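What follows is a deposited structure in which one can find chloramphenicol.
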Amino acid sequence: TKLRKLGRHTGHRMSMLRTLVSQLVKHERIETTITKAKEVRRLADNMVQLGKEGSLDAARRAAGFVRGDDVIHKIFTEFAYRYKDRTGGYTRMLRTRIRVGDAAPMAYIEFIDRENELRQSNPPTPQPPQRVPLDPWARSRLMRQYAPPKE
Amino acid sequence: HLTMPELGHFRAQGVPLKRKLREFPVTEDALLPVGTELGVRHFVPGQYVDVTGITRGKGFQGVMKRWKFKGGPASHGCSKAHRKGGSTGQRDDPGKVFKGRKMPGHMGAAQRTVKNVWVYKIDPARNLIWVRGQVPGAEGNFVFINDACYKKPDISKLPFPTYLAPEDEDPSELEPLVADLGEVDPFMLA
Amino acid sequence: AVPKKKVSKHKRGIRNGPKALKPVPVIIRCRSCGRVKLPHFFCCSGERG
Amino acid sequence: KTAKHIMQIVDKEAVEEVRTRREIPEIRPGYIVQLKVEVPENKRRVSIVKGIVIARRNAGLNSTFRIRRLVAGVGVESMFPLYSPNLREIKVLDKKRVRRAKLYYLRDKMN
Amino acid sequence: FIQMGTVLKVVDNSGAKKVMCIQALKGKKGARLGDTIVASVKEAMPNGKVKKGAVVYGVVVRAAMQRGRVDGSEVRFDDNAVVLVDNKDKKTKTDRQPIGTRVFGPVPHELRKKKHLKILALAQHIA
Amino acid sequence: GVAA
Amino acid sequence: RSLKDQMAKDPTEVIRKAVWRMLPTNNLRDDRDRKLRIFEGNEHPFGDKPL
RNA sequence: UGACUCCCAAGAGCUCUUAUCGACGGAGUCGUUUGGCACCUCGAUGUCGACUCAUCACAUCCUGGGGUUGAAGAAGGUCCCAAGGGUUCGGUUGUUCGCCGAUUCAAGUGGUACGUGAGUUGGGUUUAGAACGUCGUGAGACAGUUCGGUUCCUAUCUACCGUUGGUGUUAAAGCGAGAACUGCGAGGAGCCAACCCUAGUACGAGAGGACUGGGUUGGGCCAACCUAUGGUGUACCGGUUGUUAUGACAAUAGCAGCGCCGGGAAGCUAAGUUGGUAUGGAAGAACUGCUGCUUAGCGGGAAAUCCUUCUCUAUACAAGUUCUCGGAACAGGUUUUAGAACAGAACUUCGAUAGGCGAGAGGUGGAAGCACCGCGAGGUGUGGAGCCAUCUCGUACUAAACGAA
RNA sequence: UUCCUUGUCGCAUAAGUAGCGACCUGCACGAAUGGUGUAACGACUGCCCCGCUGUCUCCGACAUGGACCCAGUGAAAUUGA
Ligand SMILES: O=C(N[C@H](CO)[C@H](O)c1ccc([N+](=O)[O-])cc1)C(Cl)Cl
Ligand SMILES: [K+]
Ligand SMILES: [K+]
Ligand SMILES: [K+]
Ligand SMILES: [K+]
Ligand SMILES: [K+]
Ligand SMILES: [K+]
Ligand SMILES: [K+]
Ligand SMILES: [K+]
Ligand SMILES: [K+]
Ligand SMILES: [K+]
Ligand SMILES: [K+]
Ligand SMILES: [K+]
Ligand SMILES: [Mg+2]
Ligand SMILES: [Mg+2]
Ligand SMILES: [Mg+2]
Ligand SMILES: [Mg+2]
Ligand SMILES: [Mg+2]
Ligand SMILES: [Mg+2]
Ligand SMILES: [Mg+2]
Ligand SMILES: [Mg+2]
Ligand SMILES: [Mg+2]
Ligand SMILES: [Mg+2]
Ligand SMILES: [Mg+2]
Ligand SMILES: [Mg+2]
Ligand SMILES: [Mg+2]
Ligand SMILES: [Mg+2]
Ligand SMILES: [Mg+2]
Ligand SMILES: [Mg+2]
Ligand SMILES: [Mg+2]
Ligand SMILES: [Mg+2]
Ligand SMILES: [Mg+2]
Ligand SMILES: [Mg+2]
Ligand SMILES: [Mg+2]
Ligand SMILES: [Mg+2]
Ligand SMILES: [Mg+2]
Ligand SMILES: [Mg+2]
Ligand SMILES: [Mg+2]
Ligand SMILES: [Mg+2]
Ligand SMILES: [Mg+2]
Ligand SMILES: [Mg+2]
Ligand SMILES: [Mg+2]
Ligand SMILES: [Mg+2]
Ligand SMILES: [Mg+2]
Ligand SMILES: [Mg+2]
Ligand SMILES: [Mg+2]
Ligand SMILES: [Mg+2]
Ligand SMILES: [Mg+2]
Ligand SMILES: [Mg+2]
Ligand SMILES: [Mg+2]
Ligand SMILES: [Mg+2]
Ligand SMILES: [Mg+2]
Ligand SMILES: [Mg+2]
Ligand SMILES: [Mg+2]
Ligand SMILES: [Mg+2]
Ligand SMILES: [Mg+2]
Ligand SMILES: [Mg+2]
Ligand SMILES: [Mg+2]
Ligand SMILES: [Mg+2]
Ligand SMILES: [Mg+2]
Ligand SMILES: [Mg+2]
Ligand SMILES: [Zn+2]
């Protein structure tokens with residue numbers, strides 16, 4: 001994974017990310033720059049996974065990251081009920097406009113599968129069990145193909 | 001994956017679609033028809049080959065990395081010229097900088113050839129070849145293997161024009177072939 | 001270092017030649033809200049959102 | 001990705017092939033080991049090395065481990081590849097309790 | 001790397017105990033294990049074959065920089081130590097006569113490859 | 001003498 | 001490179017270099033050089049032109 | 001004046017002028033020494049030495065080929081040919097120079113504003129302070145000594161190192177594009193030592209001791225690579241100090257500019273690991289011989305010259321060749337082995353390109369909760385436990401053609 | 001304070017135009033423009049030794065701010081063409 005620096009040192013960067021994730025959980029949709037959203041979505045999914053686990057150690061690890069009591073309660077009750085059957089990808093990021101003043105490309109980022117979302121998301125599907133992969137050579141034998149007849 | 005001109009080129013030649021193309025000069029008695037499939041048994045274990053590939057990229061780099069310059073001292077009064085090149089010519093005769101002067105610029109990601117690299121092992125079931133040492137390029141990229149020009153192999157042992165594998169062959173019965181080292185121990189006659 | 005001579009209009013125009021703007025090949029407008037936008041820009045979601 | 005997968009398959013097969021021919025026990029830091037080492041540079045001379053494992057690395061066929069011992073009053077550290085064929089015999093004698101995975105403080109500690 | 005200014009302990013009975021290296025005989029960066037160095041005697045026993053201030057030859061038998069072998073093994077001692085050999089006969093660029101008669105402490109395996117056979121023979125512990 |  | 005080596009390598013370049021340095025130095029020089037066709041042998045393609 | 005070359009040859013060389021030299025005297029070459037002149041520059045051309053970076057000449061220091069010897073062999077002397085590649089680290093000195101020490105195949109002589117300060121330094125000389133010796137009545141002076149003393153500039157043009165955009169190269173769709181090449185031409189690479197066999201052979205009274213030919217090990221330089229080793233590894237694992245907050249317990253979070261310690265996978269890198277330091281052809285330098293008979297013809301002949309191996313190259317304007325497409329190629333989005341922008345390469349929904357999720361490898365080192373032992377700090381079990389920087393595999397849940405575009 | 005001069009000898013170093021101690025041939029020392037010493041003191045000027053280190057052999061990785069790129073605002077010396 002490419003981890004961005006965002007023009008900040010470590011403490012400022014991590015405090016800004018924790019504030020952004022807390023505000024995303026609180027307001028259910030925020031508009032920010034695209035480069036910040038591309039870093040937010042990973043941690044916003046990690047907190048939902050901690051809430052889906054819901055043990056005491058997960059509660060402690062999530063309280064060591066997010067800010068607020070409304071945030072921790074919402075993650076550990078409402079999101080654990082909502083995203084129970086979904087595997088991953090609880091957030092949607094969409095580019096919207098260009099900011100006057102510094103020409104920054106802006107984007108909505110929101111939690112999915114709720115009322116008043118930007119797009120109708122796919123239904124939650126359980127993952128099929130792990131399949132034993134083929135060898136690269138056995139796959140290369142099956143990957144051989146000819147040009148389609150059109151000319 | 002292919003554009004329309006390459007799709008048409010493959011469809012006209014009557015071959016399956018490929019990823020990378022290369023052209024090798026041969027003589028008249030070493031030609032092969034269109035559609036011949038070439039394997040690892042084209043090479044014999046124990047011989048030397050030449051590998052050509054695109055080397056690893058370093059980007060824009062300075063003189064101290066590019067050309068192993070010495071630079072300036074880190075102390076003793078030196079000011080803002082720690083890793084610079086120094087002089088770039090003489091004064092007034094010539095009054096110009098000579099061509100080929102070593103200066104910073106883009107480094108690497110060019111084509112290079114490694115000579116006399118040794119074939120150790122051959123696995124024809126999986127079409128793998130174990131070659132001793134280093135090979136220019138990144139992992140996941142393409143290299144091109146010819147015979148060595150410096151240590152030329154034996155004429156009577158190489159398959160010509162290539163190894164013609166029988167069509168009645170199965171990959172179940174193929175064992176990997178190791179290059180013979182002989183019998184006289186190197187570490188004992190010392 | 002200072003400029004040795006004055007840059008003429010010919011050289012100034014040649015320098016500023018390649019930096020002129022160019023038109024955009026593809027332009028999308030939403031049929032409902034009527035916003036003129038580039039590809040991959042979100043303006044409206046349809047009804048029964 | 002396919003190239004790294006190929007490399008992992010090759011390493012797994014090499015390790016499994018060696019493990020059916022030789023008996024190589026699990027080596028951990030803090031263990032006391034005694035092994036028989038043949039040096040091919042010095043006319044294939046075979047000797048016995050006894051020491052304490054202070055470092056380990058798991059890298060497939062190229063796993064390594066470090067031994068610190070005292071010979072004739074002077075401390076010698078030697079590193080051996082685990083699956084090297086010049087390790088004729090390997091035995092574990094004692095398992096001292098440590099709280100680290102690398103025991104590099106033994107160089108300066110007096111005993 | 002053993003280079004100009006290194007101070008090395010002496011591990012025979014030649015009468016000297018510490019030396020200061022001047023240069024290595026072959027090699028630009030310095031001397032590795034088994035290499036031959038030129039040195040000057042900094043401290044010596046009151047009775048011995050080598051006096052303080054003499055210029056001597058030596059063979060590095062212990063070095064604190066790790067050395068690799070052809071099977072992928074490494075060896076690393078704790079200090080630097082040499083065994084002095086004679087330098088009055090400069091026509092022999094091969095195995096030299098050691099000055100002393102006894103060699104103390106461990107000796108490396110590299111001396112067979114470097115043709116230090118007499119030091120290897122007079123050795124007691126080889127490690 | 002001369003001095004800059 | 002000596003004249004012997006030049007004649008062994010390519011003989012038409014000798015006549016081309018001899019004529020090129022007697023032609024005047026201006027922008028018509030290559031236009032007039034384009035009209036000089038030199039052949040090593042006695043066979044030329046311009047057989048149907050009014051020679 | 002200096003350096004170098006040549007002419008004559010008394011004499012030295014046991015004999016013998018010219019192997020090696022060479023008195024008394026002459027003829028030149030070069031532009032590096034010491035000088036002469038005062039032609040350019042005083043509305044400024046920054047001066048010694050060192051560092052970094054070089055490049056040219058050959059009057060050659062080493063390596064290569066030869067003639068002669070007062071050359072038995074080894075080691076040599078002298079002269080001719082040869083500029084492909086090299087030509088060390090330190091002590092006192094500001095030093096150039098030079099002396100010394102340890103090496104080396106050798107530690108060349110000169111030019112390039114005694115190369116190089118809009119590339120670095122500032123020890124000396126050469127401003128203003130102060131002192132010693134000497135000179136001067138004195139103010140002061142002294143290529144006599146000594147301590148101290150501001151080194152500016154954002155690159156317009158030529159030059160050079162890299163990367164791109166446009167455009168000429170009739171084609172038949174006023175034609176526009178994707179690949180695969182040939183190479184006119186240009187660049188790069190060019191080394192050396194030690195030991196062993198031939199051989200204790202040739203030669204020599206003996207002591208000594210080869211040519212040629214073939215291997216082995218090292219050093220220098222050049223091109224690449226990251227499996228292992230070492231270093232780093234600032235959003236990984238643990239330990240711990242001061243303080244503040246969550247009321248306290250329990251567990252954490254901020255700050256001490258990674259708080260400080262012990263490890264650390266990928267990535268980068270050398271101190272690490274690999275590959276080269278060739279072969280064949282042509283023409284030929286000093287020299288060397290053959291035919292002929294005065295004019296010449298021919299053969300052998302070097303680390304040198306030109307092709308061959310490596311890299312770039314059709315803007316190579318006589319503008320090259322082959323295959324293919326015609327809603328073709330582009331653009332936009334997700335990225336990366338690539339990267340300053342640009343460009344390249346992978347994927348773009350009949351899709352694993354990125355994120356998420358699940359499993360495993362790898363790192364750290366034994367989580368929380370519970371129970372037992374102890375007054376307590378603490379110790380033991382459940383348990384190779386818990387956690388996650390990376391890597392691989394499975395999976396369209398999210399974003400890439402959600403383009404009913 | 002000594003031109004000749006890196007004077008000569010000793011200590012010290014592998015090697016010392018330096019440093020210390022001698023010698024006297026003092027170009028051109030010398031007694032309140034003070035002579036010879038001197039415990040303590042010095043951001044003064046030399047020399048030697050220990051500990052320590054990227055000053056160096058020989059450089060590498062990482063971290064913050066510029067440099068790079070996009071959107072606003074927008075100088076300077078210089079200039080016969
Ligand atoms: O005057 C100077 N230079 C003049 C002209 O600029 C000339 O270059 C020069 C330089 C050095 C010099 N000298 O060393 O005696 C004399 C004149 C410098 Cl002071 Cl800038
Ligand atoms: K002037
Ligand atoms: K010679
Ligand atoms: K000779
Ligand atoms: K300068
Ligand atoms: K200038
Ligand atoms: K100009
Ligand atoms: K590493
Ligand atoms: K921590
Ligand atoms: K503070
Ligand atoms: K005086
Ligand atoms: K006094
Ligand atoms: K003071
Ligand atoms: Mg910024
Ligand atoms: Mg902090
Ligand atoms: Mg250097
Ligand atoms: Mg440096
Ligand atoms: Mg600085
Ligand atoms: Mg400054
Ligand atoms: Mg890799
Ligand atoms: Mg033309
Ligand atoms: Mg006049
Ligand atoms: Mg002027
Ligand atoms: Mg001026
Ligand atoms: Mg000559
Ligand atoms: Mg001889
Ligand atoms: Mg030269
Ligand atoms: Mg000193
Ligand atoms: Mg010096
Ligand atoms: Mg100069
Ligand atoms: Mg010069
Ligand atoms: Mg200059
Ligand atoms: Mg500057
Ligand atoms: Mg000064
Ligand atoms: Mg001064
Ligand atoms: Mg400056
Ligand atoms: Mg060519
Ligand atoms: Mg390199
Ligand atoms: Mg590595
Ligand atoms: Mg690795
Ligand atoms: Mg490591
Ligand atoms: Mg507590
Ligand atoms: Mg705080
Ligand atoms: Mg750390
Ligand atoms: Mg570490
Ligand atoms: Mg001839
Ligand atoms: Mg010939
Ligand atoms: Mg063209
Ligand atoms: Mg495209
Ligand atoms: Mg890009
Ligand atoms: Mg994926
Ligand atoms: Mg593990
Ligand atoms: Mg814990
Ligand atoms: Mg003096
Ligand atoms: Mg002396
Ligand atoms: Mg001094
Ligand atoms: Mg004195
Ligand atoms: Mg008086
Ligand atoms: Mg007086
Ligand atoms: Mg007084
Ligand atoms: Mg700029
Ligand atoms: Zn709209």
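Reminder, nothing fancy here: chain letters follow the sequence lines and each chain counts from 1. Determined by electron microscopy, 3.0 Å, according to the entry header. For ligands, and for the atoms within them, numbers begin at 1 and follow the listed sequence. Not the full deposit; the contacts listed refer only to the portion displayed. Keep in mind that the numbers below use all heavy atoms, side chains included, and drop hydrogens, waters and symmetry copies.
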* For chloramphenicol, what are all the matching ligand numbers or chain letters? -> ligand 1
* Asked: Which macromolecule here is the main partner of chloramphenicol by heavy-atom contacts, as listed in the PDB entry?
  -> 26S rRNA
* Asked: Which other chains have a heavy atom under 4.0 Å from chloramphenicol?
  -> F, H
* Asked: Which name did the deposit record for chain F?
  -> Nascent peptide
* **Ligands/ions within less than 4.0 Å of chloramphenicol** => none
* Asked: What source species is reported for RNA chain H in this deposit?
  -> Brassica oleracea var. botrytis
* Residues within 4.0 Å of chloramphenicol (heavy atoms) -> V2(F), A3(F), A4(F), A44(H), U45(H), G46(H), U47(H)
